[PDB]
Amino acid sequence: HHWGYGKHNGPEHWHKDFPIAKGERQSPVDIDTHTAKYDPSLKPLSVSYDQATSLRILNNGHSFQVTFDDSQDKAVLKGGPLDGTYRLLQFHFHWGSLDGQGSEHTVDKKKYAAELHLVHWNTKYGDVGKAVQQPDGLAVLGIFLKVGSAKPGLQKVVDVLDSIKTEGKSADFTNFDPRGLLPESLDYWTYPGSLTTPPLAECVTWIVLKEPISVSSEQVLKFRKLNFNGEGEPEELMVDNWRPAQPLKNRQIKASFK
Ligand SMILES: O=C(CCCCCCC(=O)Nc1ccccc1)NO
Ligand SMILES: [Zn+2]
């Protein structure tokens, strides 16, 4: 029926509605660290989040997202492999039912407990809907989460999840600073790929940071209390909302570091 992460509607079914699922630049991928090539040409990345304006937090039935005002150049990503300016629209997470799975990208086949995606769109296309129709329309910053010490900058998110438990719920989420989600190092791998949910459009320059952030067990347990269902339907925990690694095909993953 409609897509999701279950046995009957999960990633192995998506190609019937979205044939690009078997396309030439699908995401996520396994990052083989010994095959990625250091690219001395890659320009230094620029994450400019000081004027970011968060708006709302939303359970969309597949993840939860924090949305930003992207009607002006307030929070932008530039540099790295990117040409031009990419505006932050929203961030969301993918996570597991257990700490050994949950990420979408893997590193030498290792799965992390979760993966944060900070979604940005190329301002030369004017709006996100036009950007998703372009091969360089989006830039997604991917950040792995491992379980250990708490991430203080994540706590304001986790504390409001009770208020968006089920699909369709949203809440006001102003003055949230996404800089509190970033690791120390901006070393990264990059490759051309796609959205990891339907419609799987092949419009993303992926920038995946090498350094994970640590979150606590209590923080990730609160992610796993969300529901895929809407208020009143059989309760199905929102866990394992990740797509597995797809074939690399004719792509090379580049590293910003030696
Ligand atoms: O695919 C991903 C990462 C990138 C997600 C892109 C979502 C962009 C968004 O919020 N707006 C949008 C999406 C599709 C079509 C039009 C707008 N994770 O699953
Ligand atoms: Zn995502």
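Note that chain A carries the PDB entry numbering, so the residues on display, from first to last, are 3-125, 127-261. Order of appearance sets the numbers: ligands from 1, and atoms from 1 within every ligand. Method on record in the header is X-ray crystallography, 1.4 Å. In what follows, every heavy atom counts, from backbone to side chain, and hydrogens, waters and symmetry copies are set aside.
According to the PDB, the drug located at ligand 1 is vorinostat.
In this structure, the main binding partner of vorinostat, as named in the PDB entry, is Carbonic anhydrase 2.
Distances below 4.0 Å separate heavy atoms of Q92 from the following atoms of vorinostat: 7 (C), 9 (C), 10 (O). Near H96, the atoms of vorinostat lying under 4.0 angstrom from a non-hydrogen atom of the residue are 18 (N), 19 (O). In this structure, atom 8 (C) of vorinostat lies nearest to the protein heavy atom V121 CG1, 3.9 Å. No part of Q67 comes within 4.0 Å of vorinostat, judged by heavy-atom distances. In terms of protein heavy atoms, atom 16 (C) of vorinostat is closest to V135 CG2, 4.1 Å. Near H119, with a cut-off below 4.0 Å to any heavy atom, the atoms of vorinostat are 3 (C), 18 (N). At least one heavy atom of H94 lies less than 4.0 angstrom from vorinostat. No part of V207 comes within 4.0 Å of vorinostat, judged by heavy-atom distances.
Here's the thing with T199: one of its N/O atoms is less than 3.5 angstrom from an N/O atom of vorinostat. Looking around vorinostat, I see these other ligands or ions under 4.0 Å away: ligand 2 (zinc ion). Most residues of chain A that touch vorinostat lie in the UniProt domain Alpha-carbonic anhydrase. The residue in chain A annotated by UniProt as active site that sits nearest to vorinostat, with heavy-atom distance to 1 Å, is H64, 6 Å. Counted by heavy atoms under 4.0 Å from vorinostat, the UniProt Zn(2+)-binding residues of chain A that qualify: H94, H96, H119. Counting heavy atoms under 4.0 Å from vorinostat, residue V131 touches it through the side chain alone.
Short contacts between vorinostat and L91, defined as distances under 4.0 Å to a heavy atom of the residue, involve ligand atoms 9 (C), 10 (O), 11 (N). Residues of chain A that UniProt gives as binding substrate and that have a heavy atom less than 4.0 Å from vorinostat: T199, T200. Within 4.0 Å of vorinostat on heavy-atom distance sit the residues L91, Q92, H94, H96, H119, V121, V131, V135, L141, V143, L198, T199, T200.
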